[PDB]
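A short write-up of the structure that comes next.
Residue numbering restarts at 1 for every chain, and letters A, B, ... go by the order of the sequence lines. Numbering of ligands and ligand atoms starts at 1, following listing order. Heavy-atom basis, side chains included; hydrogens, waters and symmetry copies ignored.
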Amino acid sequence: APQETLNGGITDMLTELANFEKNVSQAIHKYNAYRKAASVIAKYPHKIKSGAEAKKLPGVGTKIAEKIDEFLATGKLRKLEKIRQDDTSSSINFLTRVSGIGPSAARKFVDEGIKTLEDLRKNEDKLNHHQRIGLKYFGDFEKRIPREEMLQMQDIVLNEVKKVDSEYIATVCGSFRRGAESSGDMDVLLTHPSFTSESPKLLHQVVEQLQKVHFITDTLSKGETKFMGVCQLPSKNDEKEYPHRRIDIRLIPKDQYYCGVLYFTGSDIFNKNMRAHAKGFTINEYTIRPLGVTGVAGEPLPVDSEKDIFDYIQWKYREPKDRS
DNA sequence: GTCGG
DNA sequence: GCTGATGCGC
DNA sequence: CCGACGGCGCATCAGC
Ligand SMILES: Nc1nc(=O)n([C@@H]2CS[C@H](COP(=O)(O)OP(=O)(O)OP(=O)(O)O)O2)cc1F
Ligand SMILES: [Ca+2]
Ligand code: NA
Ligand code: NA
Ligand code: NA
Ligand code: NA
Ligand code: NA
């Protein structure tokens, strides 16, 4: 992609606006509007000279064009400069960095004068379990995970899953599967021949084994098909500890596995494109369905490889590396 | 906020 | 007790 | 003008 020195001032401005819309205004559609605009501008291979120029791009409209004109004329946006100074809004925005504190919790905290991590720390009884864990690992959860460490993590997960039952299949998806040099977390998809579209404790026994070997250290949420938690690589006799990392584990039916793998591999942006580009078809995380004459989705087609799904749409098979 | 019925 | 709604992360 | 904009699983809240 183009160098960030091209339009980084504009992209950074739009992303900061997007965050205030999500976290303070609770205006999720304006957050996505600003993100879309920032993304289309990030990809534009020219230094923008005017709001009119940017307005030609899809997702940039009248108001972002006007903001780009103020930014180019002054190096700032009055509106952003003001909200950055605002103790209430800045504090709400900041607290949403804690995993489990969304815009609603953040506002409620700030309204009670709880505005900093220090205030959260003093008020543990006002936090739910997930929020306590997000606070405990605030710094670690914002660190990226080098690929080297992801491989070590993958080694542990695959070894322990097979130890519980050698018929499991486990696949690390997300940016790792796309060969990224670092990841934000570990996404694991799990299946087992006994669990299909029509069919005990298959997710639990895996989570329990990873806990028994002290890889999984905390649990954010855990149901029959989705686990969200925290893990940590072991360190040698005295290296400093590794950071705690986020890990998800999803149990998916065997006959929907490849649609699962495709979906959770991503990127989010690739999937949107692959879905939008689907001829008389609709693809979700579970299935690929042929749309009828009226646009109604019919029955799921059988799938025994990611490629089958590319075939159905006559889409040129991209490998995970090329789904960016 | 942007798009498009 | 329970159902359904909302918040949340992704 | 005005509605769509992603949808899922789990934790927790609101209310019967
Ligand atoms: N909000 C999201 N909704 C999605 O459907 N997705 C889908 C399902 S998961 C897949 C991309 O996965 P992630 O969200 O794990 O992001 P990633 O692994 O590509 O990136 P990162 O290394 O986790 O930062 O695309 C992603 C989202 F972030
Ligand atoms: Ca991920
Ligand atoms: Na609002
Ligand atoms: Na435009
Ligand atoms: Na948060
Ligand atoms: Na109810
Ligand atoms: Na993820």
Review point. Which polymer chain has more close contacts with ligand 1 than any other, using its name in UniProt?
Key: DNA polymerase beta
Exercise for review: Provide the recorded name of the drug at ligand 1.
Suggested key: FTC-TP
Review point. From which other chains does some heavy atom lie less than 4.0 Å from FTC-TP?
Key: A, C, D
Practice item. For atom 23 (O) of FTC-TP, grab the closest protein heavy atom and report residue, atom and distance to one decimal in Å. Key: A/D185 OD1, 3.3 Å
**Study point:** Side chain, backbone, both or neither: the part of A/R144 lying under 4.0 Å from FTC-TP by heavy atom
**Key:** side chain
Point to revise | A/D268 and FTC-TP - part of the residue with a heavy-atom distance under 4.0 Å | key: both
Check your understanding: Which of the numbered atoms in FTC-TP are below 4.0 angstrom from a heavy atom of A/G174?
Key -> 18 (O)
Practice item. With heavy atoms only and a cut-off of under 4.0 Å, state how A/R178 meets FTC-TP: side chain, backbone, both or neither. Key: side chain
Practice item. Check A/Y263 against FTC-TP and report side chain, backbone, both or neither, counting heavy atoms closer than 4.0 Å. Key: both
Exercise for review: Report yes if A/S182 has an N/O atom closer than 3.5 Å to an N/O atom of FTC-TP; otherwise report no.
Suggested key: no
Review point. Going by the atom numbers of FTC-TP, which of them fall below 4.0 Å from some non-hydrogen atom of A/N271?
Key: 25 (O)
Exercise for review: Identify every other ligand or ion with an atom closer than 4.0 Å to FTC-TP.
Suggested key: ligand 2 (calcium ion), ligand 7 (sodium ion)
Review point. Taking atom 18 (O) of FTC-TP as the point of reference, which of A/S183, A/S175, A/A180 owns the nearest heavy atom?
Key: A/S175
Exercise for review: Look only at interatomic distance and state if A/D187 has a nitrogen or oxygen under 3.5 Å from any nitrogen or oxygen of FTC-TP.
Suggested key: yes
**Study point:** Heavy-atom contacts under 4.0 Å between FTC-TP and UniProt Mg(2+)-binding residues of chain A
**Key:** A/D185, A/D187
**Study point:** Protein residue, atom and distance nearest to atom 9 (S) of FTC-TP, heavy-atom basis
**Key:** A/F264 CD2, 3.9 Å
Check your understanding: Taking both backbone and side-chain atoms of A/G184, is any N or O found less than 3.5 Å from an N or O belonging to FTC-TP?
Key -> yes
Check your understanding: Is there a protein heavy atom at a distance of less than 4.0 Å from atom 16 (O) of FTC-TP?
Key -> no
Check your understanding: From atom 6 (N) of FTC-TP, is the closest protein heavy-atom distance below 4.0 Å?
Key -> yes
Review point. How does the deposit identify DNA chain C by name?
Key: 10- MER primer
**Study point:** Site residues for FTC-TP, heavy atoms < 4.0 Å
**Key:** A/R144, A/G174, A/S175, A/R178, A/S183, A/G184, A/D185, A/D187, A/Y263, A/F264, A/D268, A/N271, C/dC10, D/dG6
